[PDB]
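The structure appears right after this line, and notes come after that.
Each sequence line gets a chain letter, starting at A and going down the list. Using the numbering of the PDB entry, the residues shown for chain A are 2-208, in order. Residue numbering for chain B follows the PDB entry, covering 2-154, 162-177, 181-208 in order. Atoms within a ligand are numbered from 1 in the order they appear, just like the ligands themselves.
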Amino acid sequence: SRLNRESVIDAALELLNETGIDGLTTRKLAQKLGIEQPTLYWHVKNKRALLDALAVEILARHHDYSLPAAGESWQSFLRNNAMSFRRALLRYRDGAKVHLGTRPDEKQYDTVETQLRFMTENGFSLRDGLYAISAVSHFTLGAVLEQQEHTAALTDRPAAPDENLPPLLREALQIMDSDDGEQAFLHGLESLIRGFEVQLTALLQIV
Amino acid sequence: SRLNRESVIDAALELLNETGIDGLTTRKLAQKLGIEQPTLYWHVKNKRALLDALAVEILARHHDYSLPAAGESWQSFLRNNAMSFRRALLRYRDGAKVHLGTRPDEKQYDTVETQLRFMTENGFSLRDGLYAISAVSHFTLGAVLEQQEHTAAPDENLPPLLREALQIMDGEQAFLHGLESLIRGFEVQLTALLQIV
Ligand SMILES: C[NH+](C)c1cc(NC(=O)CNC(C)(C)C)c(O)c2c1C[C@H]1C[C@H]3[C@H]([NH+](C)C)C(O)=C(C(N)=O)C(=O)[C@@]3(O)C(O)=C1C2=O
Ligand SMILES: [Cl-]
Ligand SMILES: [Cl-]
Ligand SMILES: [Cl-]
Ligand SMILES: [Cl-]
Ligand SMILES: [Cl-]
Ligand SMILES: [Cl-]
Ligand SMILES: [Cl-]
Ligand SMILES: [Cl-]
Ligand SMILES: [Mg+2]
């Protein structure tokens, strides 16, 4: 089949949904594209290069709330940015593990620069704007990684000692399972953003 | 060598520091222990069983602030608990990737039950206590993974605000700042009760 950049990525994302990150191999990708491995090699050197391209392409295609809307509050921006980030990472199997394995490229540095300019124009110190951006990223990535690695584990581990659970824990585990963690995520997000606001709002006052 | 639980985990943690999570295999573990693969299999069925056990044992050995002190505020407990969790995850190479996706083990049940009892005895609903505990976990995991990996915000080419931000600064600062933000947000939510907030 065609081996333009776009088609190679389309097949690689299809393979990633089939195999997950550990099972994705250039051999399987060649077979899916109907080509020999040395043909694929001309197009993409190794699994590392493929995963780096997939991470960038997952965000470029599906993380579309990178930049604040005209006159958007910093609160609303961080919220929409986090939801778009989570949604992009959840779109492919082990998508967060794909994102984790890559260094930010020139385009990701430009995006953080725009975000940091925005935060500082909204009254954040440089340090505090970057800590807010990093905290939202760390929280969102951890939430998604815990959700996808729980699903990956479900292959080799059944569910564990039911009979044994103490009662708050048992009820808690039932609540988190009702919705695969969207509620936990959205609640935690509001907490994080409000915390940033209380800190910013103090200015130089002890808080 | 000895193949009790403790010695298999010691060897596996030594291997993990050598190879990282992707490179840790039952075959390389058998080699490290000086045994044949079918000998190891009797003790350890597969990599998932090994990783699950390492997640538990890393906290048992290195997570020292599982429980609130007598009379400690919930804020202080979440802060001390998160620092201790971060410290345990950083103790071994790819420690946060070893933790990812695990669930509380039966040997952690009493500990996690005490955490939830404590939050609810401090005024959190079960849901709100649980979301605080989950958000602290997920944030700490994110922060450590981005530190063990190198995943977030060439020197000539950095854009200028980012470059100045990096110049006026190993993850701990951003982590501790984010932790205080999360704790304050929990407190605003708890204090609001039924008020529009
Ligand atoms: C909130 N409780 C009910 C809970 C639930 C899950 N897992 C899930 O909800 C699984 N959710 C799916 C199945 C993806 C829908 C959880 O996965 C967890 C926890 C508890 C935490 C407690 C963490 C705690 N610290 C960091 C806040 C802690 O100190 C310990 C400890 N001393 O052993 C933990 O075990 C903890 O770090 C931890 O790992 C938890 C969970 O994994
Ligand atoms: Cl072609
Ligand atoms: Cl193309
Ligand atoms: Cl390869
Ligand atoms: Cl972003
Ligand atoms: Cl033995
Ligand atoms: Cl033992
Ligand atoms: Cl295995
Ligand atoms: Cl300079
Ligand atoms: Mg856990």
Report, using the naming of UniProt, the chain with the greatest number of heavy-atom pairs under 4.5 Å to ligand 1. Tetracycline repressor protein class D
Drug name (ligand 1): tigecycline
Judged by heavy atoms, which other chains are less than 4.0 Å from tigecycline (ligand 1)? A, B
Starting from atom 14 (C) of tigecycline (ligand 1), find the nearest protein heavy-atom neighbour and note its residue, name and distance. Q148(A) OE1, 3.3 Å
Heteroatom distance test (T112(B), tigecycline (ligand 1)): nitrogen or oxygen, under 3.5 angstrom: no
Which residue and atom name correspond to the protein heavy atom nearest atom 39 (O) of tigecycline (ligand 1), and how close is it? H100(B) NE2, 3.1 Å
By number and element, which atoms of tigecycline (ligand 1) are closer than 4.0 Å to a non-hydrogen atom of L174(A)? 5 (C)
How close does the nearest protein non-hydrogen atom get to atom 42 (O) of tigecycline (ligand 1), and which residue and atom is it? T103(B) O, 3.9 Å
In the protein, which heavy atom is nearest to atom 15 (C) of tigecycline (ligand 1), and how far is it? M177(A) O, 3.6 Å
Considering only non-hydrogen protein atoms, determine which one is nearest to atom 40 (C) of tigecycline (ligand 1) and report residue, atom name and distance to 0.1 Å. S138(B) OG, 4.2 Å
Which of the numbered atoms in tigecycline (ligand 1) are below 4.0 angstrom from a heavy atom of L170(A)? 3 (C)
Quick one: look up the protein heavy atom nearest atom 16 (C) of tigecycline (ligand 1) and list residue, atom name and how far away it is. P105(B) CD, 3.8 Å
At what distance is the nearest protein heavy atom to atom 3 (C) of tigecycline (ligand 1), and which residue and atom is it? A173(A) CB, 3.6 Å
Close-contact set for tigecycline (ligand 1) against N82(B) heavy atoms, below 4.0 Å: 24 (C), 25 (N), 26 (C), 27 (C), 29 (O)
Do any nitrogen or oxygen atoms of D178(A) lie less than 3.5 angstrom from nitrogen or oxygen atoms of tigecycline (ligand 1)? no
For atom 24 (C) of tigecycline (ligand 1), what is the closest protein heavy atom, and at what distance to 0.1 Å? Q116(B) OE1, 3.3 Å
For atom 10 (C) of tigecycline (ligand 1), is the nearest protein heavy atom under 4.0 Å away? no
